[PDB]
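Drug bound: ritonavir. Macromolecule: Secreted aspartic protease.
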Amino acid sequence: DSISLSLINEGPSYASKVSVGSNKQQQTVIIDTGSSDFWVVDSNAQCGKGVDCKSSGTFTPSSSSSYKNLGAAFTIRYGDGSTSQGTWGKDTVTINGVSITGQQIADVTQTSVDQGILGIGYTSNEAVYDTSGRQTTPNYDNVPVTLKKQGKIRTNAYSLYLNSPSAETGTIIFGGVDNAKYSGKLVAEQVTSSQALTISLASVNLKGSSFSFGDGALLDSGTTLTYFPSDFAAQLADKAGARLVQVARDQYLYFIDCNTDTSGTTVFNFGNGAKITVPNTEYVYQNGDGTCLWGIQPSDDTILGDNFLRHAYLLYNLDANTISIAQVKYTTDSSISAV
Ligand SMILES: CC(C)c1nc(CN(C)C(=O)N[C@H](C(=O)N[C@@H](Cc2ccccc2)C[C@H](O)[C@H](Cc2ccccc2)NC(=O)OCc2cncs2)C(C)C)cs1
């Protein structure tokens, strides 16, 4: 079947509403193709210093009579330093009506993160470790795998339309595909990792010049921007005129002249003759003040994040080990297919 869930464009992340427990407590959580674990803010948690982690709704295990506690510790750290510590449990999850009993989540009692995050990647990528690497629970069925297993979806798959940068809602469908919001054909691409949802990027065309790359990249719904290895990211910054700019001890960030030309487009060539074009406005991000960040940053891991993914329709399929892509089309229209 199809389960279209709405995606709220918060700015840096896209969240959906999820209700959890017997009394269906509504949390808004980030939808995350970069993580595989679903955790929510607990009512009685201390948010990290200077962070308002409870204004996207909270979770009270005591109010839900289906809530079972595993008694295993939970801990995760995100690429930007945010972490989240809490406890492993089980309970009812409802997503736009449909409901899965005994879905294992993490109840989090402290978090430098702004809201809960619904991670929906490969179960092999679950945070089941503590900071020493010593294991705290077996790899478990996450949401998507529990949907399929309770016969909610046919296959463990989903599509991802985040809409235009001006758009307020976009959409994710579980075990369904809109065939009206992409041109061309959907080009299936082999995932290059049994742990992360990565596909071979061959090269990137930037400001009319081609830059061979050849290595995998994560199609992450929950990264805001786009990251590359320093060396590569450096060659790219040059040609576009971005400056690397130390703002912390070991953290650097590319800034760019706020009035740089962005009439161009930036192209991403994948393996099967797939191609996704990104308009350059996606590479000036505004800082509240009078500075602008480059939408491309350096990092150990390549990530095509929100600023890339706006511009593609994507048919993730975790039982196939494929992610199909097609240049994005923006419309009110739609037409779904319960694959
Ligand atoms: C202003 C504020 C709200 C925000 N700024 C940002 C801009 N930044 C830096 C991010 O996008 N942050 C990304 C990130 O960590 N994203 C997170 C979402 C998040 C949301 C709110 C606050 C903090 C994090 C979620 C992302 O899918 C990343 C992708 C990733 C995976 C492995 C290695 C590196 C990166 N997921 C994870 O890092 O999960 C960690 C694990 C994977 N497997 C076991 S643990 C980084 C990859 C850059 C996000 S939210």
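All residue numbers in this chain count up from 1 along the given sequence. Method reported for this entry: X-ray crystallography, 2.4 Å. Read the numbers this way: they start at 1 and go in the same order the structure lists the ligands and their atoms. Side chains included, hydrogens not; waters and symmetry mates left out as well; all remaining heavy atoms used.
For ritonavir, every matching ligand or chain, copies included, can be listed as ligand 1.
Of all the heavy atoms of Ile30, the ones lying under 4.0 Å from any atom of ritonavir belong exclusively to the side chain. Heavy-atom proximity to atom 26 (C) of ritonavir, evaluated over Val128, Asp220, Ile303, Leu225, is greatest for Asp220. Contact annotation: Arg77 has at least one heavy atom less than 4.0 Å from an atom of ritonavir. Protein heavy atoms are found inside the 4.0 Å sphere centred on atom 9 (C) of ritonavir.
In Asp32, the part holding a heavy atom less than 4.0 Å from any atom of ritonavir is the side chain. In this structure, atom 33 (C) of ritonavir has its sub-4.0 angstrom surroundings free of protein heavy atoms. Residue contacts with ritonavir, taken as heavy atom pairs separated by less than 4.0 Å, involve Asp114 solely via side-chain atoms from C-beta onward. Between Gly222 and ritonavir, at least one N/O pair is under 3.5 Å apart.
Only side-chain heavy atoms of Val113 come within less than 4.0 Å of ritonavir; its backbone N, CA, C and O stay farther off. In this structure, the binding site of ritonavir at 4.0 Å (heavy atoms) is formed by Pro12, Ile30, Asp32, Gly34, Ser35, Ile76, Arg77, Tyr78, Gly79, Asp80, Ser82, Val113, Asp114, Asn125, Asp220, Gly222, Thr223, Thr224, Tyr227, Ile303.
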